[PDB]
**Student:** 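Structure: type III chloramphenicol acetyltransferase in complex with chloramphenicol.
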Amino acid sequence: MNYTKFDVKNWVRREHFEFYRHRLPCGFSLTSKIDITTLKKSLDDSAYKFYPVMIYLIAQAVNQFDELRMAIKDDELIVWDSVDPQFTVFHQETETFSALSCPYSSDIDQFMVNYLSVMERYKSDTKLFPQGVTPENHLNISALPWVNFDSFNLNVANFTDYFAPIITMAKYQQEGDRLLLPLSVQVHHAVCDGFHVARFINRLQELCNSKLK
Amino acid sequence: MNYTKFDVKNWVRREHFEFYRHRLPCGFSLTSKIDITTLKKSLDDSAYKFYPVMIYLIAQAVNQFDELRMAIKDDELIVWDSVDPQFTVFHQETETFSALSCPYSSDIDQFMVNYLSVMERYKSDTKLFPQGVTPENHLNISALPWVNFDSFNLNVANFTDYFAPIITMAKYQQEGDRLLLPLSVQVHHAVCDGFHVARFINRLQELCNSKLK
Amino acid sequence: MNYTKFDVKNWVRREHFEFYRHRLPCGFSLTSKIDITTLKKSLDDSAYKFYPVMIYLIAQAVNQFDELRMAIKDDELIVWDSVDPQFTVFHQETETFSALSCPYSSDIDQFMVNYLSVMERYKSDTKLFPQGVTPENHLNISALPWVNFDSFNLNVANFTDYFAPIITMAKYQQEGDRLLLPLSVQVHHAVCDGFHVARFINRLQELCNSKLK
Ligand SMILES: O=C(N[C@H](CO)[C@H](O)c1ccc([N+](=O)[O-])cc1)C(Cl)Cl
Ligand SMILES: O=C(N[C@H](CO)[C@H](O)c1ccc([N+](=O)[O-])cc1)C(Cl)Cl
Ligand SMILES: O=C(N[C@H](CO)[C@H](O)c1ccc([N+](=O)[O-])cc1)C(Cl)Cl
Ligand SMILES: [Co+2]
Ligand SMILES: [Co+2]
Ligand SMILES: [Co+2]
Ligand SMILES: [Co+2]
Ligand SMILES: [Co+2]
Ligand SMILES: [Co+2]
């Protein structure tokens, strides 16, 4: 299959996993600003567009760390070999959104092909989930391009055993010499500590500062 | 009556409404900074005070968009023709607050009269709700004038079917050439998407940048 | 004992206490930036390290206000005469954390001795709670030194009657001429209003701006 059952008995976080899963169930969100000054220049020198690139970069970073690809399957903790981004798409005509997903590829060009293809096929589809059920191996990404925010948090009535990270981006803004993008990350404490989230954000910042290809 | 039953069957968000109301109940909060540089100048050229003006402006913006004035009445989704602000008042003497409400008016001067009148009558009343039950057609506004914040979120143990927006303002501060006011907006996802919140904030920013009368 | 039963019947917030405890149970979080420019200079002129000093200062501020030291004991509302900080410690080797506590002292030097001693004894212990049960009279402090954030919020599935404040600090950063530290405070609304949180933050800022000894 496309996942491995994780070895919980020998895991250094096994106590923390049971503690935050069942004793004191909780998750947290944090919003930090990523410097996209370099990324903006790379985009300017290319034909790629901002949203799909960010989707690719966030998916790439998630795909590097096991703790961001955990799930419960058949009552056991698993790690997905890879996850595909599920992202929101806004319909200007109805002023409503849909969620779509497309397969992740470490090849940026192949990822763009996948994206444009899904976009082409469902750009007019106003169902919340035009493709039907969300792939189990997913990450959620959403964008609020119309307003800048310093914080964002989702208040969910029940998040039992839901371990996929939730990432939300706001409109970027110029802050002196830098172009900053607010990015909110929301995780379940059973699989992620503050260290793991910081590590993800640091890695994303490095990717934004690196060549696209 | 002062409300209309909304046409849920023909609404473009009908799927989203059922989804976020019952399948995955959730709400979100976001804090953004409004530029009040212009507003400060308009206030300086007038006799109006900051808090009541902000209350008026937030109420005016809410009163423009239907999705911010929804409620469930007799198990059906309704839109209030208009909502009145319910705002917090601090008592320096007991270091406690009360919540008061006064009727909204599109006439700023008539609104100020309503405000001062409610303030006059209950300035000494330390009950949490001096006027008794909160009007059903309300919006909540609160102020924390003593500290600046970049984020604010309310963790509510049960928010089933509570659709009135919650707005919280912090102490404003000078940020280079601008005077910025942190404003947190917290809504239920069944009636509001990120688009709707951004639209509200953008409209509020425009009102702050416009003549008072 | 080390606590006093609080006089709820004569308290000015008695209505608010019942309201936010049982009618509309909720808490809130806020993140604000503390200016640590002066503190950094005091630290530079000393042998004290940043983390333990912040722990001391946060504990000192908490120890000054009764509303931050409330709890329910034997179904009654009590105030602890004093609380000890419970703080997180990261283990670089396992990339996991533990929580430790040490007795508060108004004497900074005696506090440092207590801290170093607990640190010495459990630096290698990877249990989540190396010392065993958390003292009932505690405050929680956590640090995310690896990333700066503008917001942080804990989404807790059940926080009934849990009144100890939760404080989270991020990596500090230079903001023009100032060194700013993001600090998130999360409280239960039954015992703390926005005023009380602002008062705590203002007092902490004053302590950071004052001599250590
Ligand atoms: O609901 C979704 N997205 C919204 C868009 O505002 C938001 O990002 C979200 C994501 C996950 C979530 N959850 O898993 O509880 C709730 C809301 C996707 Cl699952 Cl379609
Ligand atoms: O409780 C209230 N206000 C507080 C003040 O801190 C806060 O703004 C708030 C508003 C709404 C809320 N809710 O509806 O769950 C909870 C807290 C008003 Cl309802 Cl009186
Ligand atoms: O769980 C704890 N700390 C974490 C570390 O991320 C976090 O600060 C936290 C604190 C309190 C909490 N609560 O009381 O619900 C939940 C998480 C301490 Cl209780 Cl050990
Ligand atoms: Co268990
Ligand atoms: Co891989
Ligand atoms: Co239903
Ligand atoms: Co109207
Ligand atoms: Co009761
Ligand atoms: Co004392």
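Chain identifiers are assigned alphabetically from A in the order in which the sequence lines are presented. The PDB entry numbering applies to chain A: residues 6-78, 80-219, in that order. Residue numbering for chain B follows the PDB entry; the residues present correspond to positions 6-78, 80-219, in that order. Numbering, chain C: per the PDB entry, residues 6-78, 80-219 in sequence. FYI, side chains are in, hydrogens and waters are out, and symmetry mates aren't considered; it's all heavy atoms of this structure. Counting convention: from 1, in listed order, for ligands and their atoms alike.
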**Student:** Mind telling me which parts of the structure correspond to chloramphenicol?
**Tutor:**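 The relevant parts are ligands 1, 2 and 3.
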**Student:** Can you give me the letters of other chains with a heavy atom under 4.0 Å from chloramphenicol (ligand 1)?
**Tutor:**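 The other chains with a heavy atom that near are A, B.
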**Student:** What are the atoms of chloramphenicol (ligand 1), with element, lying closer than 4.0 Å to any heavy atom of A:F135?
**Tutor:**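 Result: 20 (Cl).
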**Student:** Looking only at non-hydrogen atoms, which of B:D199, B:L29, A:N146 approaches atom 18 (C) of chloramphenicol (ligand 1) most closely?
**Tutor:**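 Of the listed residues, A:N146 has the closest heavy atom.
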**Student:** Considering B:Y25, A:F158, B:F201, which one's heavy-atom position lies nearest to atom 3 (N) of chloramphenicol (ligand 1)?
**Tutor:**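 Minimum heavy-atom distance to atom 3 (N) of chloramphenicol (ligand 1) goes to B:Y25.
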**Student:** Atoms of chloramphenicol (ligand 1) less than 4.0 Å from A:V162 heavy atoms?
**Tutor:**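 Answer, ordered by atom number: 15 (O).
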**Student:** If you measure from atom 14 (O) of chloramphenicol (ligand 1) to every heavy atom of B:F24, A:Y168, B:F33, which option wins on shortest distance?
**Tutor:**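 Considering heavy atoms of B:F24, A:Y168, B:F33, the nearest to atom 14 (O) of chloramphenicol (ligand 1) sits in A:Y168.
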**Student:** With heavy-atom distances below 4.0 Å as the criterion, list the atoms of chloramphenicol (ligand 1) near A:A105.
**Tutor:**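 The list of qualifying atoms is 20 (Cl).
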**Student:** At less than 4.0 angstrom from any non-hydrogen atom of A:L160, what atoms of chloramphenicol (ligand 1) do you find?
**Tutor:**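 Counting from 1, the qualifying ligand atoms are 9 (C), 17 (C).
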**Student:** Using a 3.5 Å cut-off on N or O atoms only, is B:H195 in polar contact with chloramphenicol (ligand 1)?
**Tutor:**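 In this structure, B:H195 places an N or O atom under 3.5 Å from an N or O of chloramphenicol (ligand 1).
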**Student:** Mind listing the residues near chloramphenicol (ligand 1)? I'm using heavy atoms under 4.0 Å.
**Tutor:**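 The heavy-atom contacts are A:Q92, A:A105, A:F135, A:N146, A:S148, A:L160, A:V162, A:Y168, A:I172, B:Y25, B:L29, B:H195.
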